[PDB]
Structure formats: C-alpha cells, structure tokens
Participant: 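Dumping the structure here so I can ask a few things about it.
The chains carry the letters A, B, and so on, in the order of their sequence lines. Note that chain A is numbered according to the PDB entry, with residues 4-86, 97-231, 283-608 shown in order. Following the PDB entry, chain B shows residues 1-84, 96-231, 283-608, kept in their order. Note that ligands are numbered from 1 as they come in the structure, with each ligand's atoms numbered from 1 the same way. What you see below is based on every heavy atom in this structure, not just the backbone, and it leaves out hydrogens, waters and symmetry mates.
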Amino acid sequence: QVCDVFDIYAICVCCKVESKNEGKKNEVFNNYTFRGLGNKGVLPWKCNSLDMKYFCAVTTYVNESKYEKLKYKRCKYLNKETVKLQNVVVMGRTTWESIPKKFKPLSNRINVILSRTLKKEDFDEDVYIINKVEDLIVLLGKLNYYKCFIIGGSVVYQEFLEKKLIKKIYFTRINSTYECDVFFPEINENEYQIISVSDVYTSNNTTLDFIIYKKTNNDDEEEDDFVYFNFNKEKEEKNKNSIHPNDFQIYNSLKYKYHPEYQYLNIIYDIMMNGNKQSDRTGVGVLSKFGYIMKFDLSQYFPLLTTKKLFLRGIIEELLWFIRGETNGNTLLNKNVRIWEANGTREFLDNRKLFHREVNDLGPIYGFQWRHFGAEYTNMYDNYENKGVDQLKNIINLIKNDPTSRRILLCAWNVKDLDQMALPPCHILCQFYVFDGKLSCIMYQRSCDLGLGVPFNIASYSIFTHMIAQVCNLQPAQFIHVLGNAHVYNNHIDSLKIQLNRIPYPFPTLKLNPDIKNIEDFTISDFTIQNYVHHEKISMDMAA
Amino acid sequence: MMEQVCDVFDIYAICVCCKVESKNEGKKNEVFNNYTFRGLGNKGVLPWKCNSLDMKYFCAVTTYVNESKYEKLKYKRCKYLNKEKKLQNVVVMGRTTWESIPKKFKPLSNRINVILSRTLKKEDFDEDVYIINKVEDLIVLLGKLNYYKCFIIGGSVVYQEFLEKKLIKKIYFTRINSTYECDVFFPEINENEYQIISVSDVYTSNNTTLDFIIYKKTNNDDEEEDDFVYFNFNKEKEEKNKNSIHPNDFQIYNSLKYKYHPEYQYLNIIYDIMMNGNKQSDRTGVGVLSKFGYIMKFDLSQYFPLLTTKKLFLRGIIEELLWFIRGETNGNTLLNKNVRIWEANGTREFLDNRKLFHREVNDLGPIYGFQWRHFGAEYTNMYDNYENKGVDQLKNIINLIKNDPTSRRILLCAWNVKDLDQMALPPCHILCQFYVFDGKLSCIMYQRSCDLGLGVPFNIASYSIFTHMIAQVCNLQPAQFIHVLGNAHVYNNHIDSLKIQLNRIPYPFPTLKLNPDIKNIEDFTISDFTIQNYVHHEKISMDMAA
Ligand SMILES: NC(=O)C1=CN([C@@H]2O[C@H](COP(=O)(O)OP(=O)(O)OC[C@H]3O[C@@H](n4cnc5c(N)ncnc54)[C@H](OP(=O)(O)O)[C@@H]3O)[C@@H](O)[C@H]2O)C=CC1
Ligand SMILES: NC(=O)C1=CN([C@@H]2O[C@H](COP(=O)(O)OP(=O)(O)OC[C@H]3O[C@@H](n4cnc5c(N)ncnc54)[C@H](OP(=O)(O)O)[C@@H]3O)[C@@H](O)[C@H]2O)C=CC1
Ligand SMILES: O=c1ccn([C@H]2C[C@H](O)[C@@H](COP(=O)(O)O)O2)c(=O)[nH]1
Ligand SMILES: O=c1ccn([C@H]2C[C@H](O)[C@@H](COP(=O)(O)O)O2)c(=O)[nH]1
Ligand SMILES: CCc1nc(N)nc(N)c1-c1ccc(Cl)cc1
Ligand SMILES: CCc1nc(N)nc(N)c1-c1ccc(Cl)cc1
C-alpha cells in the first residue's frame, strides 16, 4: 500500500488501434479498445490541444493546504521526517528524448527520468535521474512534492502497473484511429475500476473524454441548516423495494458523471426510483414522471447512446420520408424500415375507426403537416403540390432571413386532422433559435418511451438539426429535448438496470455530405456516423 | 479575535410568527416588510391553534445533533474557559412558555430543558429541568453541560432580552402567512445586526402557507476534490455579460446561502440570462439578452405561485382566461371591463401592419379562445356564432381527463399553423399537456417566446389558475404546474428594474380559492376566484421611462 502513501498516479492518453486485416472499424468494444500510445518515437495523432491543456492543468496543479495530511502520512510511514510545493513527472529516456528542447524540462514540474544509460551530470540539478523503479520510492520520501504523475512511456507504464505502484489512472480517451507500434497495458478491472467520467469534447477533429481509474479499495453552520431545510423530505424512494439500488453498484460507485449520456441515464434512474405506477392504453405497466429537459451540444459530439447498440438507417429514411411529405407507409416497408408497420395494418386502422383507410395509408401525419398543413387529406397517392402551408420551407426561410424571429416553429400536432391520423404525433413540435451563426433546436415530445423510443428520438432530431443547419449555412449548437409524459415500461426494467451500470464511451460524430444545400436534396448515402464505440446490443424486452 | 459568547456556546433562537390583525384603512394599499410577521402569541397560547409542519420543523431542529461535531465544539468551549449519556441540545424558555406546554409534553423530549423564572424555584417543579433566575446563569450552566446547540424558544420577553444582549448567533424564523389576534409580538429585527441568509421552500399546513428563513448575525476524501478541479479545466469561459452586468449589483442575491423558495426558479433564470444571455436585436428593435430552453415547476398543492418580489394583480388575466374559455376573440369585451391586455394588438395601425386590412378594429382574429373551442373552423368575424363548428379542444381534454386519465394525448394546442397569419399575432403559449396520477392533476405549458420581466410573471399565474380550474371540474386535486420556456429573453430596458427585483427576498406565496360549487369550466365568473394572504414587495415599473 505504498502507491497510496506517496500519491503515485499515472496520466495518459490512448487512441484506437488500426489494422491490416480490418481498419477503421471494430466488432466488439471494451475499455481495451483505447490503447494506442505512440508511433515511431512520437504520438499516433499529430497533437491534441485540449488533451495538452488537460495534461498541463493536472501535472502542474497543487493544493498547498492539502500537503499537510500527506506529510503527516508520508513521514510516519518512512519512519523518518521528510528532509511552494510542486508535482513530479516521471518519464523514460525515450519519452524525455521525444520532448523538444524548447519545451523541456516541463515547467513547474519536478522532472524525473528512468534510464540505465544516462549520467546525472549530462543534465540539470533540478532534473533527477534514477536507475531502478524503487530508486524513485526514496527520492520521493526526500523531496517536497504534492503528487507524483507517471507520464510514460509504454515501458514505464507497464512496470508500474504490474508492481501495483499506481493509485489512480487519468486516462484520456481519443475516439479516433491512428497507426501505432506501442500500446498501453490492459487494465485489470479487478485491481482497477472507473470512478469518474467527464463531458465529451471535440478537439483537432476528434471527440475525446476524460475518465479516472481508482485502485479498488479491496462552514459547518450551513451544513446543519441544510439538514433542517430537508426536514420534510422522504426517507427512501417509492419504488425503493421494487427497484433495489444495490443493483446499481456501478452507477452509484461513480463520483463524477459529466458524460452527456447520463442526462438520459439519470432520467431512467429517476423514473425507476421515484416514478408512479400506472396502467397505459396497452394493458402493459409503466413507471412515469412528467416534465424533463435534456440538452446535447452538437458542436462537441453526436449524442448516439453508447451504453447499447443503436441503428440509424431506418430513422434517417423516416426523416427523408417526412421531408418528402409522404404518408405512404409502403415506401418505408419496401426499404425494410418497419417503424410504422404495426400502425398501418387493417386491424389497427379499423380499431382507430379508420374503416375507409387503405392499409399502410397513415393519413395526414408528420410529412403531410410539415409540407401541407391545412390541406384536405384524400389518400396517400394524391398530388398535394402547393396545397396547405409548407412549414418546412417557411421555417427555413425565417432562419435565413429573420434569425432572431421567435416564431421559427415546426408543428405536427394539427388538432383538426388528429383522428384521421393512424396515431397522433409524439413529437409535437420543433422550435429553432439562432445566435452568432449557430442553430439550436428544442423538440417537445408528449409521450416518451424511455427504454426504446427516446434513444432513437434523440438521434433523429439531432440529425435533423444538422440538416436544417447546413442548408442555412449555420453551425449546429444544441439539440434540446423536452419530455412531457416520460415513462419506462416495466418489461424494460431489467434491461435498463443492466444498461445503467455500463459506463458510456466518448460519443461518435455525424458527417454530412457538405455539398447538399437544399433540405430536399439529402439521400441516404449523404449520412455517415464516425467512430461509434458502443456496448453490445440489449433487448429491452428480455422476454424475447 | 474577540470571541463572542453566542459563538462559543452556539446560542440560537427559533420562533414562528404570523401576521398581525392591526391594519389601518386610510390607504387600502398595505405596505409589507419583514416586520409584517411578528405575532407570537395570544392570551397565553399561540394565535393559531396548531401547525403540524412548523411543529415537526421545530422538533427536528431542536433535537438534531451531529455527534461527530461535538468533539470540535467541546474543544472550542474548553479553550475559551481555560480547560484542558446521549448528546442532546439545550432549549431555554420563559416560565410563562413552560406553563403553556401540555403536561404530556413536559419536559420537551430528548432535550435538556432550561426555564427562566424569578417567582418559581426548583422546589416548585416536579420535572427533570434546570431553573435559572437570570441570563448570566445560562452562560454558567452551559459552561458546565455537555450539549450540542442551545436554542432559545420563547416567549416574547425572553426573545426580547436575548436579542438585545446580542446573544443570538442565528434566528430560525418561521413565517405563518396568515392573520390572527395577538397580544405578544417578536421584537423588530434590526437589519444592521441581522441578515437573512437562507429561505426555504414554501409549504401549506393547517390551511395556511408558511416558509422557514434563517437570519445570521451581521459581521463587523480530498481526492475527489482535486478530480473536480481537473474536470473543470476547460470552464475557462466565465460569463459573457458579467462585465456588462456587475454581479456586485446582486449583493443581497449573492449573499443568500440557501435559496429554496420556489420564486427563485424564476429569479434564477433572470440571473442566468443576465450573466450568460446572448445579446440580440428584437422585432421591436429594443434588443434583448436571451437563452433557449428552461423549465420551472410549481407545486400548486402547496401554494399559488404569484411573485412576491413585486406587485401583481390578477383581475385582468382572470377575465382574459374566462374570455378564452368563452371562445371570444372580440377585444371590446375586455376593454369594456377595463382590461387592456390586448388593446394595442387590436388597433387599426396594428391590424394594418399585420396586413389585416379587412379586419375590424379589436377583432383579434382566430386566437386562443377560437382555437380552444373551434380549432379547424374557418374564422369569419368576432360576432359570428361558431356553435358546433371546428374542434372543441377544451371539452375534449376535460373528457379525456375524466374518462381516460392515463392518456398521454391530453393536449390543448393554440398554435394553429393554418390560422397564424389571420391572428393579430401568433400565440406565445403553444400548448398545455395534462398528467393525471392518484387523483391529482399536473399541467405542462410550452411558451415559445417569454418576456421574463413582464409577461412570464402573469403567465405563471394564468396557467396556475387554469390548472386549478380544470382540476376542480374534473374532481381532481391540483398538483404541479410545469412551465417550459423556449426563447427566454430579458429586454434591455428591463435590466435596471430586474436588478432591483433580484435583490429583494421572497415572502411566502399566497393561496387561491375557487368557488367550490362551480362544476363546469364554463360556469366560472370573476367572483369565483379569491387570492388570499398576498404579501408582496413594492410594485416596480419594468420600464422606467418617463
Ligand atoms: N500516450 C501517452 O500518454 C504517452 C505516449 N508516449 C509515446 O510512447 C513512445 C515511448 O514509450 P517507450 O518506448 O516505452 O519508452 P519509455 O519512455 O517508456 O522509456 C523506456 C526507457 O527508459 C528507461 N527505463 C524505463 N523503465 C526503467 C527502469 N525500470 N529501470 C531503468 N530504466 C528504465 C530505459 O532507457 P535507457 O535506454 O536509458 O536504459 C528504457 O529503455 C513514444 O513513441 C511516445 O510518443 C510516451 C509517453 C506517454
Ligand atoms: N411564536 C413563538 O415562536 C412563541 C410564542 N410563545 C407565546 O408567547 C407567550 C409567552 O411569552 P411571554 O408573555 O413574553 O412570556 P415568557 O415566556 O417570555 O416568560 C416571561 C417570564 O419568564 C421569566 N423570565 C424571563 N426572563 C427572565 C430573566 N432574565 N430572569 C428570570 N426570569 C425570567 C419570568 O417569569 P416569572 O414570572 O416566573 O418571574 C418572566 O415573567 C404565550 O402566549 C406563548 O403561547 C412562547 C414561545 C414561542
Ligand atoms: O417517436 C416515438 C414514437 C412513439 N413513442 C412512444 C410513446 C408511447 O409509449 C407510444 C405511443 O402511445 P401514445 O403515447 O400515443 O398513447 O410510443 C416514442 O417514445 N417515440
Ligand atoms: O403571454 C405572453 C405574451 C407575450 N409575451 C411576450 C414575448 C415577446 O417579448 C413578445 C411577443 O413577441 P413575438 O415573440 O411574438 O415575436 O411578447 C410574454 O412573455 N407572454
Ligand atoms: C499532452 C499529452 C499527454 N496527455 C496525457 N493525458 N498523458 C500523458 N502522459 C501525455 C504525454 C505524452 C508525451 C510526453 Cl513526451 C509527455 C506527456
Ligand atoms: C412548535 C411551535 C414553535 N415553532 C417554532 N418555529 N419556534 C418555537 N419557539 C415554537 C414554540 C412555541 C411555543 C412553545 Cl411552548 C414551544 C415552542
């Protein structure tokens, strides 16, 4: 338990490994997916401004007031008193030798270098050199530092990991593939666990995030006022006994959960712990809550859930289908997009009292309201050109010609046509906001199937936001999701319980064909999802 | 380094005050301030009979102790006095107060009871209590006892003297938002000596709202911690309008430790917009600071969310609401009641600019009222009878709530894309969605455009009232009113007034009473509504142009 005494940590940054058998994509994913450390003396990627900023901020940050407990602990262990504190950076010759003279030594950091062929006289008096691994255990009990960061390379990391000389690991995850020759050791989840995950970012054309591994352990006035003000709160949660929190060992073991995906995950948890039991229109049971709001920064990442596998061909086609103004269910079925199949059958239509509606003729739904709101619906084959209000065209002109307008709204809930619809829309409306050349969008959803629908809904409107943004020569900003009746079907509980204990991966990114400048010109091949790392698919309905 | 007695011995005061039955009639405009709540007792007992919630609060505070903190407290008092079985708090009361406590509750449970008295001595008491005949003897006793905190619990004479001697570290003050007959009062609190540092959520108990505030005596694993500092390395960008808007102007707003009063959801949004809002031009040309996407939640079962940091009247908005329900679009109806909410939007000038050259003055077009009762019908003019024309959304939602409460399709939508250009102006309140659980009705309203300084305050009241109305005629109880804000903005000329407002501390919300006899949403009239116990700050003019 020495790595805990001298505060020895390891900070790194790994990308994804390429291949000669199969490059650019992987079948299965796990933490070991991120391991690329370097290539030909240098780093796999040119450089990463943000990670660089992170590295600096960590290896040069010290809390003088905390140096106390560490002193009152390091010496007592040493069995001897330690004879403007900084931190220490330990690296191998190769590592040091790769740093440019202009930047070496590393400012405000007590440099150290492992090597069996380097004179202590070939360098500074501030730059300490060692011949062995334990030779560092001493140098520490003799110096006055705050923390010790092992910054590589591969050789160094390996040795320290095996000898259990690492307290925690600050792992930067660069979500992109590069050529490599050296890699980071496979972290053993029995001797190291993740405790915190950060927000996701985009730097130098790649998303990345920061996670923290922790060696498995295996005024006060205001404080009291806080207790008084919570005197009327509830001891436990309603579904406490129904949903056992001990089933979320992973979810709770996390201290910092800044990864955007938790906005989705936290809501699942809030509904499971505090949701109300209700019986919906399907006899099936649900846990529901009312009113939530999620926000996703599309400029930093594409919010495609990573705690399970998601497909997008279908939802993109649906989006293209809406844009064309179609209401013909067959168009989608012939492309094997069966999102609306159950809603267009003879039985469903008849139960909806639409006895005179042809099978798969969904009536005046999304597409029809977006391009012909107000027009008289006849059948899915009629020509509606120039009939009704073309809201889509209108909001796009507004965005271009009057960005600050507060009436840029696309509404699908046409009260007059509701009963003619196979089913009323769940996505009531989209509202747009434009500022400093950036486009944001809010979408209000009246009914939210958290386990199955919402995941797609998020991807759906994020993609749409990008589309509207690109044809308006703007950059996407935020996709804002407002949930009204938010529910979790009971048959999704066990599945969500499993998903809740999975740690998100850095989000992927969405790439659109840059040449498409008309909302109506997009085709399926114009959409590409890049670097999508995810946990394996999950059957929400375990009942198979 | 002047060690203060109240700090060393942690002496606090906890009380509860109602409003006093003494209001002059000269000016029907009653002024309010903290001194509004001062009633302590009447004819030997409490002005109100009992208050379950405050009692629970009182009990929780005066019996709560933090074992792991005594250790440090003990050292503090020892060094002060030159000194080097379950832990309880001490409660101190005047003899009259002690005699007002029912026998089955004497002495106050799990608490070292101390009583001040000159007429009675220990021999006059059978209970396990300490008797003292002067203030200094309390300090002495405390110096000899093992206790967590010391609470002065009344009555008026006792509060009075302890406050005067500045022996109070903090005052846990409960505000009962109602009036009762009183003969004893809490002393007037001097603002230079005491400042409010925390206000609680608002609650309803025993037919009255109440909140809890705290006054403070005026001045004059470390691992997870560092990780946090790390995870905030890129928060480099502070606040864009912080330099434009000096947060030093929010001295009082920023001094409050705990801001749990529901009014702060609104107040916090104004603050967020002011510090981080985006500057933008407006269709009006005024210019605004704006953000996109907010949500506020108000518990209508616990209070009626009418802002107290400024004065508001609801006669107008109530008549507007009734006006909506009747499906009217005729502006004259409101103007004849001296409600000018829509006057500017129905002028010849305004209508012409909307390109509505063939629209009669004050004929607002197919707006809210028309959409709620006739969505889909072709608007003709405001005098037309649209009986059984279009979709009566209002009647529909009332039926879904009654016969299919779990429906996730209970929405009232005003945004009729087809009629938009025919309206004096498109609706700001896009839709209302209802949720029903355990005999309780909740309501979400989406506002596409929100003027925080002027409209929102009224909008919060309008829909909260509407929710009470729908719930009643549906035999349900009002639960939450959820307000979703799309484009939230603060007009540039409202800023100075909003700065003032943000530095005012909220009073407990009032309550709304509906004539319990009305069973149909259409049978309501202006005298079926009653706002009670509205305590508020001085009215403010958002636009100080003269
Ligand atoms: N992603 C990341 O965080 C990092 C990536 N890198 C990348 O990885 C590559 C360098 O890693 P790597 O090849 O492993 O080289 P190293 O930096 O790990 O240095 C290895 C050398 O250091 C000395 N050394 C290490 N451990 C000991 C020991 N226990 N006792 C005595 N001497 C020791 C020896 O040098 P000697 O010859 O003097 O005996 C040894 O040959 C580069 O391509 C670089 O770009 C480097 C650091 C961090
Ligand atoms: N709203 C609230 O939070 C509270 C309200 N109350 C209410 O207020 C009323 C009681 O208040 P009040 O009339 O002022 O009476 P008090 O409870 O304050 O008791 C006053 C009496 O206590 C003793 N006393 C006070 N100070 C001293 C001292 N320094 N030395 C010796 N004895 C002292 C003396 O009793 P003695 O005659 O024996 O000499 C004195 O007459 C009741 O109506 C009660 O219901 C009470 C507590 C809290
Ligand atoms: O894009 C969609 C489509 C449907 N649903 C869900 C919500 C409900 O669980 C069910 C529709 O039933 P109603 O809400 O209309 O009753 O489908 C979604 O979450 N997202
Ligand atoms: O009930 C209402 C009606 C209007 N407004 C405000 C919002 C805008 O500042 C202005 C209307 O402008 P547009 O959003 O329509 O452009 O009135 C409100 O806050 N609440
Ligand atoms: C800024 C890159 C960086 N980021 C992280 N998270 N860890 C590291 N160990 C390094 C690093 C790579 C090469 C040298 Cl030579 C020194 C430090
Ligand atoms: C429970 C009422 C209550 N609430 C608060 N907040 N403070 C108090 N001091 C009292 C109180 C009143 C009379 C007696 Cl006799 C004892 C305590």
Participant: So what drug did they put at ligand 5?
Facilitator: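 It's pyrimethamine.
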Participant: List the macromolecule sharing the largest contact count with pyrimethamine (ligand 5), named according to the PDB entry.
Facilitator: Bifunctional dihydrofolate reductase-thymidylate synthase
Participant: Which chain letters come up when looking for other chains with a heavy atom under 4.0 Å from pyrimethamine (ligand 5)?
Facilitator: A
Participant: Under 4.0 Å, heavy atom to atom, what does pyrimethamine (ligand 5) touch in the other chains?
Facilitator: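 The heavy-atom contacts are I14(A), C15(A), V16(A), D54(A), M55(A), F58(A), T108(A), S111(A), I112(A), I164(A), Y170(A), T185(A).
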Participant: For pyrimethamine (ligand 5), which atoms, with element, lie under 4.0 Å from some heavy atom of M55(A)?
Facilitator: 1 (C)
Participant: Looking at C15(A), which atoms of pyrimethamine (ligand 5) are within less than 4.0 Å of one of its heavy atoms?
Facilitator: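 Listed by number with element: 5 (C), 6 (N), 7 (N), 8 (C).
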Participant: Check pyrimethamine (ligand 5) against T185(A) and write out every atom of the ligand that is under 4.0 Å from a heavy-atom position of the residue.
Facilitator: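 Those of pyrimethamine (ligand 5) that fall under 4.0 Å from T185(A) are 6 (N).
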Participant: Of all the atoms in pyrimethamine (ligand 5), which lie at a distance below 4.0 Å from a heavy atom belonging to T108(A)?
Facilitator: 15 (Cl)
Participant: Short N/O distance, under 3.5 Å, between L46(A) and pyrimethamine (ligand 5)?
Facilitator: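 Such a contact does not occur with pyrimethamine (ligand 5).
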Participant: Establish whether atom 5 (C) of pyrimethamine (ligand 5) and some protein heavy atom are separated by less than 4.0 angstrom.
Facilitator: yes
Participant: What organism is given for chain A in the entry?
Facilitator: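 By the entry, that would be Plasmodium falciparum.
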Participant: Return yes or no for this condition: an N or O of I164(A) is under 3.5 Å from an N or O of pyrimethamine (ligand 5).
Facilitator: yes
